[PDB]
Amino acid sequence: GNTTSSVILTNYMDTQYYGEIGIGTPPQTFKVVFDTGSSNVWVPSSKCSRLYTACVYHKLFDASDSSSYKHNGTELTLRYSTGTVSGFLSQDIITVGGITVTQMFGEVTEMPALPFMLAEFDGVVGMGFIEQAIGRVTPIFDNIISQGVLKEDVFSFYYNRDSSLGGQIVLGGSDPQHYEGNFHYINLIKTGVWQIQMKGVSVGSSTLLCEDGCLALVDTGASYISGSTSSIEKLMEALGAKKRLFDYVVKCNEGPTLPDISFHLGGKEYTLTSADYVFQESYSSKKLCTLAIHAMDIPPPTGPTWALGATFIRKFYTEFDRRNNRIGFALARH
Ligand SMILES: CC(C)(C)S(=O)(=O)C[C@@H](Cc1ccccc1)C(=O)N[C@@H](Cc1cnc[nH]1)C(=O)N[C@@H](CC1CCCCC1)[C@@H](O)[C@@H](O)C1CC1
């Protein structure tokens, strides 16, 4: 194998980046987010009660329609920073791009309205390690590496700004049409988790934060940049941003005057400008404009960490390299 599949993605409102897979014989197709922050796959099941609003809006996997279906039945609960889900395990043939794989995957049967009634996607595919997998189930990428078809043991993310391609994941390599310069690489703190050491967070020329270093999760499955609550208190107090309930906001006229936020990863600074993290939904002082940053307390062993989600990955085209356990960033071409 020197094969390199690619999955086209849809950007919805800059917060949801989902693409298509097919499961079963003949193939039942689902939209899913590719999450580097988790290691499981699931979709809603035909067995999800219609009392779940989320279950009525999304598409259901039907085992009884599937001649590739092998039964497992093991229960699970999958807990995400935003939202959780419980169902049961099924084996079926799944395909992603050209690639086809026999995968264990969760058929979901309780699906909370919040946050899922808002999901344009039906499903998720965990792009993380077996160390984070509930049930210790082999994740899908390990499963594709065992095939020995990828020209490289890597997959690369491109995430566009609204709208025309919405984004793209390449399995087996990167797509140059979508970045410039060369990749810079940081090794993983430890194998098991898509997570690197971060040296510092500046707000404008001066290092506000992470002075004696901290952790950074590169998470394709997060719409935003997150930090701990105390890192974000202070970061927002730097930006004069004002806490709403869940979100932070600035008045829209000041949006474009906000300073650069930069992230020191490895031997380089990754810089975000206001155009990258303020939702400029207006320019009027009447109006309030949200920021693509928030507080998200991730518990140990992973946490406390920041997560670098879509806000960052839109700016910097990202490569996850399994063979060498590292992540590459390059500037994205839009
Ligand atoms: C509306 C917001 C504020 C943008 S959001 O954060 O609620 C969005 C959710 C993703 C989402 C969007 C729309 C419908 C459903 C779900 C989000 O970003 N969730 C993150 C939260 C997070 C931020 N920093 C760390 N976590 C999230 O929970 N992502 C998980 C993936 C996500 C896959 C898609 C559905 C929900 C879980 C998972 O990657 C993380 O838990 C673990 C690594 C820490």
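We're sticking with the PDB entry numbering for chain A, so the shown stretch reads 4-166, 171-341, in order. In listed order, ligands and their atoms are each counted from 1. Side chains included, hydrogens not; waters and symmetry mates left out as well; all remaining heavy atoms used.
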Compound at ligand 1; choices remikiren, tasurgratinib, telithromycin, lopinavir, Orladeyo: remikiren
Chief chain touching remikiren, naming from UniProt: Renin
Atom indices of remikiren within 4.0 angstrom of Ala314 heavy atoms, with elements: 24 (N), 25 (C)
Per atom 14 (C) of remikiren, closest listed option by heavy atom (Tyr21, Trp313, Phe124): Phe124
Top protein contact for atom 21 (C) of remikiren, by heavy-atom distance: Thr85 CG2, 3.7 Å
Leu224 and remikiren - part of the residue with a heavy-atom distance under 4.0 Å: side chain
Interfacing atoms of remikiren (cut-off 4.0 Å, heavy-atom, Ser84): 21 (C), 22 (C), 26 (N), 28 (O), 40 (C), 41 (O), 42 (C), 44 (C)
Atom 6 (O) of remikiren: the protein heavy-atom neighbour that sits closest, reported with distance to 0.1 Å: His301 NE2, 3.4 Å
Short N or O distance, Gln19 and remikiren, threshold 3.5 Å exclusive: no
Polar contact flag for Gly228 and remikiren (N/O pairs, less than 3.5 Å): yes
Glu123 near remikiren by a heavy-atom separation under 4.0 Å: no
Identity of the nearest option to atom 23 (C) of remikiren, non-hydrogen atoms only, from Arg82, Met303, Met130: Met303
Element-labelled atoms of remikiren that are located less than 4.0 Å from some non-hydrogen atom of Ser233: 24 (N), 25 (C)
UniProt domain count leader: chain A with remikiren: Peptidase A1
Protein heavy atom under 4.0 Å of atom 17 (C) of remikiren: yes
Nearest option to atom 43 (C) of remikiren, as decided by whichever heavy atom of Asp304, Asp226, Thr39 sits closest: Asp226
Shortest protein contact, atom 10 (C) of remikiren (heavy atom only): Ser230 OG, 3.7 Å
Protein non-hydrogen atom found under 4.0 Å from atom 2 (C) of remikiren: no
Deposit source organism: chain A: Homo sapiens
Ligand-side contact atoms (remikiren) for residue partner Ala229, heavy atom cut-off under 4.0 Å: 18 (O), 23 (C)
Distance-only N or O hit between remikiren and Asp38, under 3.5 Å: yes
Site residues for remikiren, heavy atoms under 4.0 Å: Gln19, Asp38, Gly40, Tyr83, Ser84, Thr85, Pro118, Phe119, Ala122, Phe124, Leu224, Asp226, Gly228, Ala229, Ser230, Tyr231, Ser233, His301, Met303, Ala314
